[PDB]
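The following structure holds dequalinium.
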Amino acid sequence: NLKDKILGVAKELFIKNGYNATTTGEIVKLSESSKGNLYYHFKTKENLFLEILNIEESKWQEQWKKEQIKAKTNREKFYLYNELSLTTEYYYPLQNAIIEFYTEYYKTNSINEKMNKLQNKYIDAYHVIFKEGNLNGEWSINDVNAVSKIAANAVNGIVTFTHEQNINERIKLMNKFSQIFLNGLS
Amino acid sequence: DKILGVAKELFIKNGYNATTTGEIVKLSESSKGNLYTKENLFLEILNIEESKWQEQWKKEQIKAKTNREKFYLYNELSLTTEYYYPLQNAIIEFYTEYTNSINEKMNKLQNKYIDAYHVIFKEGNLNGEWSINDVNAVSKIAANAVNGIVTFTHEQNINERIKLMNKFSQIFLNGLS
Ligand SMILES: Cc1cc(N)c2ccccc2[n+]1CCCCCCCCCC[n+]1c(C)cc(N)c2ccccc21
């Protein structure tokens with residue numbers, strides 16, 4: 001459990017102090033491990049952080065599997081996912097370390113390579129909703145990959161660039177977007 | 001205006017946090033006291049750039065005959081400009097790493113950003129292209145959705161991005177009518 005202890009501790013350090021401030025020395029000593037083991041498993045602070053994000057994305061997917069039973073039809077699932085995306089981000093503790101992380105390794109094509117495989121996972125959630133929505137005549141989309149990328153990124157924008165407003169208004173808007181968007185697929 | 005140019009460049013190349021008071025003065029070659037907050041300098045640049053965009057938009061919107069077309073175009077152009085949108089990641093940090101006199105003050109910057117759509121949508125209501133009772137909501141949603149597509153895909157074929165943005169604009173408008 002040394003690999004999973006290191007990630008657990010590193011998660012909490014990144015949460016408490018951000019990405020740049022947290023050193024690998026800290027993570028080593030606090031998880032009772034060695035620079036060696038940390039190097040053998042993750043090679044860099046950068047890659048360790050990506051691995052956390054993998055664990056976190058998996059937990060999110062696992063969360064979404066349970067939570068999407070409260071949505072009988074894919075139209076309902078679309079509405080719900082976008083809400084969840086907005087509401088849960090408001091108190092996602094890693095979010096700040098993520099902002100800090102991305103806005104620092106976006107240029108390195110390899111790190112930006114793995115960060116894309118990660119967003120692709122977020123985009124898969126919509127892809128499913130839309131594919132299944134087709135197979136139940138909720139709508140007709142011949143370009144599911146496209147409309148999926150659009151939804152994911154439209155929704156991130158509404159989640160990220162609003163913040164200023166109070167949480168009720170932000171939920172109203174998000175749901176209004178969800179409405180407008182699904183109406184344009186008809 | 002010796003500072004502001006290098007600050008922009010620095011803020012765009014590296015983060016809001018990563019670029020510094022020292023780095024700004026030393027790289028621009030100017031007096032430390034001369035520029036005496038960082039948040040004040042930042043909010044200044046955002047205003048400048050946001051104006052340079054809305055100005056460029058006015059000298060370019062003429063090529064769209066109907067407001068339906070203005071929507072598509074403004075959004076398409078949002079991908080190509082050198083103004084404002086290249087500072088979006090820097091703004092994301094800004095909110096996290098930042099009060100009262102500033103955090104409420106830069107909602108006047110947001111309303112300027114949203115106003116572009118407010119015209120387009122209000123104009124379209126006069127022109128009878130659609131009917132939006134909740135213009136202001138739709139404007140805020142439009143602005144942010146688009147900013148999303150612009151910002152969270154800045155690492156892929158620019159011509160693909162323009163395709164996505166157009167498939168977006170279509171859907172959004174189709175859902176208004
Ligand atoms: C657990 C968990 C819990 C949640 N409530 C949650 C909520 C929403 C999404 C994931 C969530 N997860 C899953 C967490 C996984 C996060 C993985 C995202 C890594 C890529 C970063 C996204 N990103 C991209 C793409 C492009 C950018 N320009 C950019 C700029 C600034 C900041 C981010 C940027």
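Numbers restart at 1 for each chain; the letters A, B, ... are given by sequence-line order, proteins then strands. Below, all heavy atoms of this structure are taken into account, side chains as well, without hydrogens, waters or symmetry copies. First listed ligand is number 1; within each ligand, the first listed atom is number 1. The header says X-ray crystallography, 2.9 Å.
The largest share of close contacts with dequalinium comes from the chain named in the PDB entry as HTH-type transcriptional regulator qacR. Other chains with a heavy-atom distance under 4.0 Å to dequalinium are given as A, B. In this structure, residues within 4.0 Å of dequalinium (heavy atoms) are A/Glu56, A/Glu57, A/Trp60, A/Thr88, A/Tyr92, A/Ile99, A/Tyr102, A/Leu118, A/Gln119, B/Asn89, B/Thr151, B/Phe152.
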